[PDB]
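Remarks on the structure that follows.
All residue numbers in this chain count up from 1 along the given sequence. All values below come from the heavy atoms of this structure, side chains included, with hydrogens, waters and symmetry mates left out. Start at 1 and go down the list; that is how both ligands and their atoms are numbered.
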Amino acid sequence: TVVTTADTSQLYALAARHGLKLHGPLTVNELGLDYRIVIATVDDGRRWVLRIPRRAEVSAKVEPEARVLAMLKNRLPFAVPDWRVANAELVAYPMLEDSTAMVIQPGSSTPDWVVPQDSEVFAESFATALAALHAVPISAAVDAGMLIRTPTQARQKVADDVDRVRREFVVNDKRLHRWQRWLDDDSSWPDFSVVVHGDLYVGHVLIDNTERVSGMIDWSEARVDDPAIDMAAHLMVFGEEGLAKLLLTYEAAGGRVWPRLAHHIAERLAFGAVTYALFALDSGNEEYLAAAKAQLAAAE
Ligand SMILES: CO[C@H]1C[C@H](O[C@H]2[C@H](C)[C@@H](O[C@@H]3O[C@H](C)C[C@H](N(C)C)[C@H]3O)[C@@H](C)C[C@]3(CO3)C(=O)[C@H](C)[C@@H](O)[C@@H](C)[C@@H](C)OC(=O)[C@@H]2C)O[C@@H](C)[C@@H]1O
Ligand SMILES: Nc1nc2c(ncn2[C@@H]2O[C@H](CO)[C@@H](O)[C@H]2O)c(=O)[nH]1
């Protein structure tokens with residue numbers, strides 16, 4: 001007998017209650033704070049992703065995300081998870097076998113690999129994919145019950161998050177001033193909102209073996225909001241040169257821009273410290289909290 005991390009009999013029973021018969025190899029990622037993620041082989045010979053909510057508060061988010069993905073499926077020129085099972089105890093979809101655009105071993109803080117800076121096929125196809133996403137009509141998002149933020153509501157959300165961090169943590173004075181100046185800088189903010197992925201970075205983008213964007217995953221944060229939300233992580237990974245290329249092609253592909261978009265994306269990236277701190281706070285995880293407090297107290 002060999003102790004294994006996965007509980008195959010419990011997983012089998014869970015999947016079977018939702019019409020999936022597990023058979024063959026599986027792998028398990030238990031490091032998620034909200035979900036256990038298992039990639040399992042099913043009697044169709046195919047791999048499926050089992051996205052297992054850990055708690056009632058997580059389970060509550062399944063049905064609204066299911067409506068998002070159902071709406072998006074025909075309206076994007078790339079794949080998204082096909083949640084053929086979606087309920088409080090289990091989400092399951094056939095695995096999208098294409099690689100993520102960043103490969104990282106669970107537990108590790110350093111990726112094995114990220115799609116290269118000089119990959120023109122990746123850069124170009126990410127920009128067009130993003131323009132396509134941001135072209136999904138607002139009416140479709142409303143009809144699907146999505147969270148909608150007008151430009152005023154988008155800016156208010158940022159203000160609320162900044163204020164919550166200020167109430168719970170002690171933040172470097174210059175950091176605070178940066179965020180406030182940004183919130184007060186009318187010219188930075190867009191006068192429209194779009195359907196955004198909300199958690200978009202190389203780890204949630206799938207690519208075919210030519211490095212062309214073929215899919216996106218992990219849509220929990222999707223909503224109608226500030227377009228720049230989906231561009232900040234591109235700046236973080238690919239730098240100002242990568243952002244410059246993105247904006248040129250995004251605009252050429254029909255994406256709507258505004259003159260201070262590049263600036264606004266950089267401010268959104270800085271605002272990532274707020275998002276991280278609130279995640280840490282809401283998680284109750286002391287390691288995340290220690291990192292967050294250190295970041296917030298530090299000079300940029
Ligand atoms: C938009 O700007 C981003 C910039 C940066 O975005 C992050 C990323 C994506 C964050 O994840 C996001 O963290 C938030 C809190 C929740 C979110 N979702 C689960 C909901 C999650 O995906 C990280 C904090 C994940 C984390 C903690 O495990 C790590 O420490 C790992 C090692 C992480 O550094 C890397 C693999 C590097 C190579 O990735 C990047 O820098 C991207 C660009 O960190 C953010 C918090 C900002 O929001
Ligand atoms: N290639 C690929 N990875 C996935 C898929 N679903 C989940 N993952 C991985 O599991 C994590 C949790 O959803 C993601 O960040 C990916 O690393 C998928 O359909 N295809």
- Query: What is the identity of the drug or drug candidate at ligand 1?
  - Reply: oleandomycin
- Main binding partner of oleandomycin (ligand 1), per the PDB entry: Macrolide 2'-phosphotransferase
- oleandomycin (ligand 1) binding site (4.0 Å, heavy atoms): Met102, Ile104, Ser109, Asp199, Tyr201, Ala232, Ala233, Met236, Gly272, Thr275, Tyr276, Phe279
- Query: Where is the nearest protein heavy atom to atom 13 (O) of oleandomycin (ligand 1): which residue, which atom, and how far?
  - Reply: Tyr276 CD1, 4.9 Å
- Query: Short list, please: which atoms of oleandomycin (ligand 1) are under 4.0 Å from a heavy atom of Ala233?
  - Reply: 43 (C)
- May I ask you to identify the nearest protein heavy atom to atom 41 (O) of oleandomycin (ligand 1), giving residue, atom name and distance to one decimal place in Å? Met236 SD, 3.5 Å
- Distance to 0.1 Å, residue and atom name: give those for the protein heavy atom nearest to atom 1 (C) of oleandomycin (ligand 1). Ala232 CB, 3.9 Å
- Task: Output yes when the distance from some N or O of oleandomycin (ligand 1) to some N or O of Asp199 is under 3.5 Å, and no in every other case.
- Result: yes
- Message: For atom 24 (C) of oleandomycin (ligand 1), is there a protein heavy atom at a distance under 4.0 Å?
- Response: yes
- May I ask you to identify the nearest protein heavy atom to atom 39 (O) of oleandomycin (ligand 1), giving residue, atom name and distance to one decimal place in Å? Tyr201 CE1, 3.9 Å
- Message: Checking contacts now, so for atom 43 (C) of oleandomycin (ligand 1), which I'm interested in, is there any protein heavy atom under 4.0 Å?
- Response: yes
- Message: Determine whether any protein heavy atom is located less than 4.0 Å from atom 29 (C) of oleandomycin (ligand 1).
- Response: no
- Query: Distance below 4.0 Å between atom 19 (C) of oleandomycin (ligand 1) and any protein heavy atom?
  - Reply: yes
- Item | Heavy atom of protein closer than 4.0 angstrom to atom 7 (C) of oleandomycin (ligand 1) | no
- Task: Look up atom 37 (C) of oleandomycin (ligand 1) and tell me if a protein heavy atom lies less than 4.0 Å from it?
- Result: no
- Message: Under 4.0 Å from atom 34 (O) of oleandomycin (ligand 1), can you find at least one protein heavy atom?
- Response: no
- Message: Could you tell me, atom by atom, which parts of oleandomycin (ligand 1) come under 4.0 Å of a heavy atom of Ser109?
- Response: 32 (C)
- Item | Organism in the entry for chain A | Escherichia coli
Which N or O atoms of oleandomycin (ligand 1) sit under 3.5 Å from a protein N or O, and how far apart is each pair?
residue: oleandomycin (ligand 1); atom: 18 (N); partner: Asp199; partner atom: OD2; Å: 2.7
residue: oleandomycin (ligand 1); atom: 22 (O); partner: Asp199; partner atom: OD1; Å: 2.7
residue: oleandomycin (ligand 1); atom: 22 (O); partner: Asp199; partner atom: OD2; Å: 3.1

